[PDB]
Student: 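Structure of salicylic acid bound to Transcriptional regulator - open in front of me now.
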Amino acid sequence: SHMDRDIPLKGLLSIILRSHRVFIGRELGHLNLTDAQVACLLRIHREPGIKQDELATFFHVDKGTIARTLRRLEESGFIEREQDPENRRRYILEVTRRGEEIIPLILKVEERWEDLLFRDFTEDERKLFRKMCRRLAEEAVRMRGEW
Amino acid sequence: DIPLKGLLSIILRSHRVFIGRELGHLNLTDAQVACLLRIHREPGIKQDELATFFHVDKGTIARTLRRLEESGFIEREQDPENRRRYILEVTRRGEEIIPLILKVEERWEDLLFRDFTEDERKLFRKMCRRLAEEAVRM
Ligand SMILES: O=C(O)c1ccccc1O
Ligand SMILES: O=C(O)c1ccccc1O
Ligand code: NA
Ligand code: NA
Ligand code: NA
Ligand code: NA
Ligand code: NA
Ligand code: NA
């Protein structure tokens with residue numbers, strides 16, 4: 001019934017992220033959206049003009065994988081993909097008017113997911129966990145840079 | 001700001017990249033290392049019990065296990081009381097790389113917590129466990 005105190009950090013993070021992928025599917029699956037697509041959408045939303053290959057590098061996924069996810073968003077009309085004028089083989093990405101309209105819907109699902117996850121967490125604990133997460137995300141980025 | 005999930009994805013992503021660098025030469029992935037370690041902790045564990053443990057689909061666990069047995073790290077035997085069931089065991093070869101795998105996991109955590117004190121480190125870990133148990137309920 002209870003969880004092993006054995007599981008390494010990565011395992012627990014995987015469990016948490018696991019439920020988020022499931023939550024996204026159930027809450028936005030009918031809009032033909034997946035966690036990966038949502039990930040790309042938000043990332044592009046926060047940085048219009050970002051290149052497909054840069055998105056590939058950020059998520060550390062291969063070309064085909066990123067292309068397939070980006071292809072579904074474009075098909076849904078949420079993003080537009082254009083050839084980079086300075087390099088015809090690169091693709092500049094942008095969230096469309098339509099895509100910007102669902103961003104809010106996505107943020108609400110994230111908010112609800114977070115409230116559900118921090119059910120047993122006090123206000124102080126939650127803000128502290130978040131603060132710790134940021135510090136660690138910052139460390140992970142340093143690590144990618146170290147190697 | 002960035003959703004919580006974004007921060008956790010970023011963190012978990014460095015672990016995925018780290019395993020590739022440290023164990024890629026063994027064609028091992030995050031999923032494979034995880035299964036391999038769990039089987040090592042629970043010899044004779046059932047394939048379906050492993051899938052229920054990770055909260056992953058039967059098809060996914062199966063593809064991950066095929067990778068491990070193809071590399072010779074694990075062996076599968078039909079469950080003696082249900083031939084449509086498989087029981088898992090780490091092989092001699094698999095047991096040879098476990099220590100290396102454990103050192104790698106340990107080193108990823110130490111790298112991530114380099115600017116964390118022992119206590120913050122313990123707390124963060126405790127909270128993740130709490131959030132994880134909740135995730136299971138949800
Ligand atoms: O899921 C992510 O990786 C992500 C990254 C940046 C911003 C929002 C996100 O959901
Ligand atoms: O994503 C995981 O964490 C995972 C773990 C064990 C087996 C298959 C998997 O995809
Ligand atoms: Na954009
Ligand atoms: Na997708
Ligand atoms: Na590109
Ligand atoms: Na538009
Ligand atoms: Na979130
Ligand atoms: Na794999």
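The chains referred to below are lettered A, B, ... by the order of the sequence lines, with proteins before strands, and numbering in each begins at 1. One-based numbering, in listed order, for ligands and for the atoms of each. Keep in mind that the numbers below use all heavy atoms, side chains included, and drop hydrogens, waters and symmetry copies.
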Student: Could you point out every ligand or chain corresponding to salicylic acid?
Tutor: ligands 1 and 2
Student: Tell me the other chains with a heavy atom below 4.0 Å from any atom of salicylic acid (ligand 1).
Tutor: A, B
Student: Considering the heavy atoms of A:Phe59, write down every atom of salicylic acid (ligand 1) situated less than 4.0 Å from one of them.
Tutor: 3 (O)
Student: Tell me, which protein residue and heavy-atom name are nearest atom 6 (C) of salicylic acid (ligand 1), and how many Å apart are they?
Tutor: B:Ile2 CD1, 3.7 Å
Student: Please indicate whether any nitrogen or oxygen in B:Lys5 is less than 3.5 Å from any nitrogen or oxygen in salicylic acid (ligand 1).
Tutor: yes
Student: Between B:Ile10, B:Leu8, A:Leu42, which one has a non-hydrogen atom sitting closest to atom 10 (O) of salicylic acid (ligand 1)?
Tutor: A:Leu42
Student: Please work out which of B:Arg13, A:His20, A:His45, A:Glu110 has its closest non-hydrogen atom nearest to atom 3 (O) of salicylic acid (ligand 1).
Tutor: B:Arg13
Student: For atom 4 (C) of salicylic acid (ligand 1), what is the closest protein heavy atom, and at what distance to 0.1 Å?
Tutor: B:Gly6 CA, 3.8 Å
Student: A:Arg43 to salicylic acid (ligand 1): N or O pair under 3.5 Å?
Tutor: no
Student: So which protein heavy atom does atom 7 (C) of salicylic acid (ligand 1) come closest to, and at what separation?
Tutor: A:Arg46 NH1, 3.5 Å
Student: Near A:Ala39, which atoms of salicylic acid (ligand 1) are under 4.0 Å from a heavy atom of that residue?
Tutor: 1 (O)
Student: Hey, which residues are hanging around salicylic acid (ligand 1) within 4.0 Å, heavy atoms only?
Tutor: A:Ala39, A:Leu42, A:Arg43, A:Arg46, A:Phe58, A:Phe59, B:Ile2, B:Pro3, B:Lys5, B:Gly6, B:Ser9, B:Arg13
